[PDB]
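Aminoglycoside N(3)-acetyltransferase, liganded with kanamycin.
Positions are given from 1 along the sequence. Determined via X-ray crystallography, 1.4 Å. Each ligand, and each atom within it, is numbered from 1 in the order the structure gives.
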Amino acid sequence: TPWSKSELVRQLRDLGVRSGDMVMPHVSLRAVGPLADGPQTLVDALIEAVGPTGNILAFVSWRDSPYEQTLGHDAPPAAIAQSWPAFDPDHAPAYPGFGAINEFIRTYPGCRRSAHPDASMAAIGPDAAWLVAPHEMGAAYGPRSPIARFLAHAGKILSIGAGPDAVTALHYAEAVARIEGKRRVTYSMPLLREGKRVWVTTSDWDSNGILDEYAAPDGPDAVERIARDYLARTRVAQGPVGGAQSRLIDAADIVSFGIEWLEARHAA
Ligand SMILES: NC[C@H]1O[C@H](O[C@H]2[C@H](O)[C@@H](O[C@H]3O[C@H](CO)[C@@H](O)[C@H](N)[C@H]3O)[C@H](N)C[C@@H]2N)[C@H](O)[C@@H](O)[C@@H]1O
Ligand SMILES: [Mg+2]
């Protein structure tokens with residue numbers, strides 16, 4: 001029998017979600033199982049669990065980000081440059097590969113959306129505007145990004161059937177780690193600026209692996225290895241949400257652990 005909102009809310013409370021919390025979810029809907037009214041049921045449950053003073057932050061990205069098409073070029077290739085749609089935060093769909101729940105989150109009434117087309121973040125709650133801006137090219141997941149503010153805002157990472165590789169916030173640890181050999185990428189995104197499409201080319205840390213040994217396409221990347229180690233070494237509330245094994249992680253703690261983990265393994 002499909003899970004009801006009420007059942008999910010009680011499960012979230014059992015896991016340690018409290019009214020007022022700042023939560024970043026990572027969800028496998030297949031692990032959760034059928035929901036009374038589909039994925040919206042879990043969105044509604046998350047919003048009810050954090051309450052009217054709580055906040056939700058999600059990494060939603062963009063279905064049509066021209067990342068691969070512009071990667072490694074000093075400018076968007078001509079055919080891309082001419083016809084790609086500008087990123088419109090009000091209308092651009094979420095990237096399906098990071099979770100089907102994210103399109104439900106970003107279309108929720110009052111949801112705010114960050115301006116970085118590839119790293120785009122969606123937030124619901126009284127602090128949503130403060131969370132989502134600024135979000136500039138060159139600051140995808142590190143200092144000055146929504147993740148940086150989430151980490152200063154008592155953020156909790158709510159992993160609902162998701163693996164250790166899913167913990168986006170650990171890209172912050174990669175950005176700030178004082179280690180040699182860090183990989184960077186260059187790409188171009190089409191932004192809206194006063195109603196006009198403007199191509200912006202930037203470099204940033206490689207979010208597919210901060211060092212060569214973490215950058216195999218299949219992984220494991222550093223995020224995965226850090227989070228696996230962390231979860232083997234830390235008390236973290238665990239329990240079901242729907243049918244999914246779930247965990248509620250203190251974001252500042254896991255990111256601090258990850259900075260230390262990288263700096264202990266790689267020379268400065
Ligand atoms: N490296 C191993 C990891 O790879 C993916 O996760 C990474 C995405 O690939 C990145 O996405 C970027 O690169 C994609 C592929 O080029 C583009 O499509 C996309 N627009 C870009 O934002 C994202 N920023 C960080 C995320 N950790 C898998 O999901 C994850 O399970 C696995 O551990
Ligand atoms: Mg508040």
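- The structure holds kanamycin at ligand 1.
- Nearest protein neighbour of atom 29 (O) of kanamycin, counting heavy atoms only, is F98 CE2, 4.5 Å.
- Using a 4.0 Å cut-off to heavy atoms of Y141, the atoms of kanamycin that qualify are 24 (N).
- Within a 4.0 Å radius of atom 12 (C) of kanamycin, the protein has at least one heavy atom.
- Of the candidates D206, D165, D64, the one placing a heavy atom closest to atom 30 (C) of kanamycin is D165.
- At a 3.5 angstrom cut-off on N or O pairs, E224 does not count as close to kanamycin.
- Remark: minimum distance from atom 15 (C) of kanamycin to any protein heavy atom is reached at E68 OE2, 3.5 Å.
- Ranking protein heavy atoms by distance to atom 24 (N) of kanamycin, first place goes to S207 OG, 2.9 Å.
- Kanamycin has at least one atom lying under 4.0 Å from a heavy atom of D118.
- In this structure, the protein non-hydrogen atom closest to atom 10 (C) of kanamycin is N208 OD1, 3.5 Å.
- In this structure, residues within 4.0 Å of kanamycin (heavy atoms) are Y67, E68, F98, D118, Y141, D165, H171, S207, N208, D221.
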